[PDB]
Engineer: 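Today's structure: one with testosterone.
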Amino acid sequence: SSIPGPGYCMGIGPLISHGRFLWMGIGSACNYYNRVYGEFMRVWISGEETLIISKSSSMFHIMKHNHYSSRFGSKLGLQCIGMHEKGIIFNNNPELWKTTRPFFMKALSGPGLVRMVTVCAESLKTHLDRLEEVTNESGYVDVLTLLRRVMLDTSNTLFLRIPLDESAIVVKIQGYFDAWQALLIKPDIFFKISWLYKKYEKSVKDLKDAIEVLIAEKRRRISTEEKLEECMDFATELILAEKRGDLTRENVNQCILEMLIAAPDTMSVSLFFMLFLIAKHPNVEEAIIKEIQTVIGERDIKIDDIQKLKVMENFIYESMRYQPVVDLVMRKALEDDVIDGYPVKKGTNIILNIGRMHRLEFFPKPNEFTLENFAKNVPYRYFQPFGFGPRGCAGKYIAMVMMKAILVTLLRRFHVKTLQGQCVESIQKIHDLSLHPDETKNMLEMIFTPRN
Ligand code: HEM
Ligand SMILES: C[C@]12CC[C@H]3[C@@H](CCC4=CC(=O)CC[C@@]43C)[C@@H]1CC[C@@H]2O
């Protein structure tokens, strides 16, 4: 089969599509192009041909095979934010990515994933006893900021554990994400005209400098440590690999940065959306509380509990299905292949529109929020909220642990109410790199009233 999509109007076809991505935002443009043309179609970002694909088969094929273990985006943009051939998230150098990923994978599983369940709970407890730092005079909690702070404290105490300014770093991380999102697919032209991107360059420097102070302190503690054997962690493993031949200071420094931003970027907005759903679905809220009563009671949550929390697990999955944050995935073809019907050349960019896929493929009631969608065991080839395979989410397992831990410890303690008739559907969302609340609007706050 030849490839669907707009006409290559002798050099205008590319300019409209890129411009449309810039104008609409990546996610809404993907959804536009998939709805107009097929669920498998072609478009251009800068020069290069990029396939925007919703079909479950193609998705599975792509994530399954090792010759798609790359992403893409502006080299100038990725250099600007420090992700050009450096971290793992947008590290598109195959070999350098291969050697860095294992550090992340170790830290996000085994004993650290077990530690995480109590670390995550104790952190939120701390922040729920200090709700004055986040609550209004009118009782309005800034949930986005609350979550970001506990997510950061969580990430810090597990992976780095150096004292830091939560509030400041959370703002800096937000700044870094805006820059990443802004520059990821900007054309080379953009990067010439300097007073159009110095803005972003500063956000990156703010965060990078802040983290350099922390890794600096972390370095000094490692040098003077007696029992280096016992107290290992993600940041230390990296630093010791650099002390062997294995890694570069620059790369270490970006990996530590990337581990600290991950959850604040994504967990916070996911749990935010999840809380607005609990607020407007009392049917489900009850089921979850009943489960928490049965399973946990008034004991501190423990690793053994999380597998038993079945209703919440379905809620989490249905929330990510219905209202995702990470609704699309960027990949690149490293070898030629046939994919469903169509040929895909080496170097061809790919955007997997997993948000659309979860409304077109397997589920009984795709366009409404119900746990009926997860009453029958969902095959993992029709529902990839995290992705899978050799480049799937490195946090995918621990993320689920973390989300259960915070939803338990919060709902245990508080009823959550939304302002006005607001719901996830009515919130004004930006749909660019990720899918998240437009924070220049308001009515995003919530109210926390106790239980008993
Ligand atoms: C609700 C939470 C989360 C969601 C929905 C999510 C989703 C995703 C998705 C879709 C990808 C792309 C994977 C692919 O291309 O197949 C990804 C990549 C990644 N995620 Fe997450 N994620 C979450 C939380 C986390 C957390 C908590 C961490 C770390 C602490 C993390 C670390 C990563 C990393 C490092 C990658 C890049 C993997 C690579 O390129 O090699 N994620 N995530
Ligand atoms: C999925 C994705 C890679 C992983 C990204 C995701 C954007 C949101 C995000 C923020 C983080 O800090 C961790 C990685 C993630 C979860 C990206 C959108 C396109 C890209 O392929």
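Sequence positions for chain A are given in the PDB entry numbering; the residues included correspond to 45-496, in order. Just so you know, ligand 1 is whichever comes first in the structure, and atom 1 is the first atom listed for that ligand. So this one's X-ray crystallography, 3.0 Å, going by the header.
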Engineer: Which parts of this structure should be attributed to testosterone?
Structural biologist: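 All copies: ligand 2.
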Engineer: Tell me which chain touches testosterone (ligand 2) most, using the name in the PDB entry.
Structural biologist: Aromatase
Engineer: Enumerate the substrate-binding residues UniProt records for chain A that place a heavy atom under 4.0 Å from testosterone (ligand 2).
Structural biologist: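 Per UniProt, the ones with a heavy atom under 4.0 Å: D309, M374.
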Engineer: Report all residues and nucleotides of other chains within 4.0 Å of testosterone (ligand 2) (non-hydrogen atoms).
Structural biologist: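 Going by non-hydrogen atoms, it's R115, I133, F134, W224, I305, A306, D309, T310, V370, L372, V373, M374, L477.
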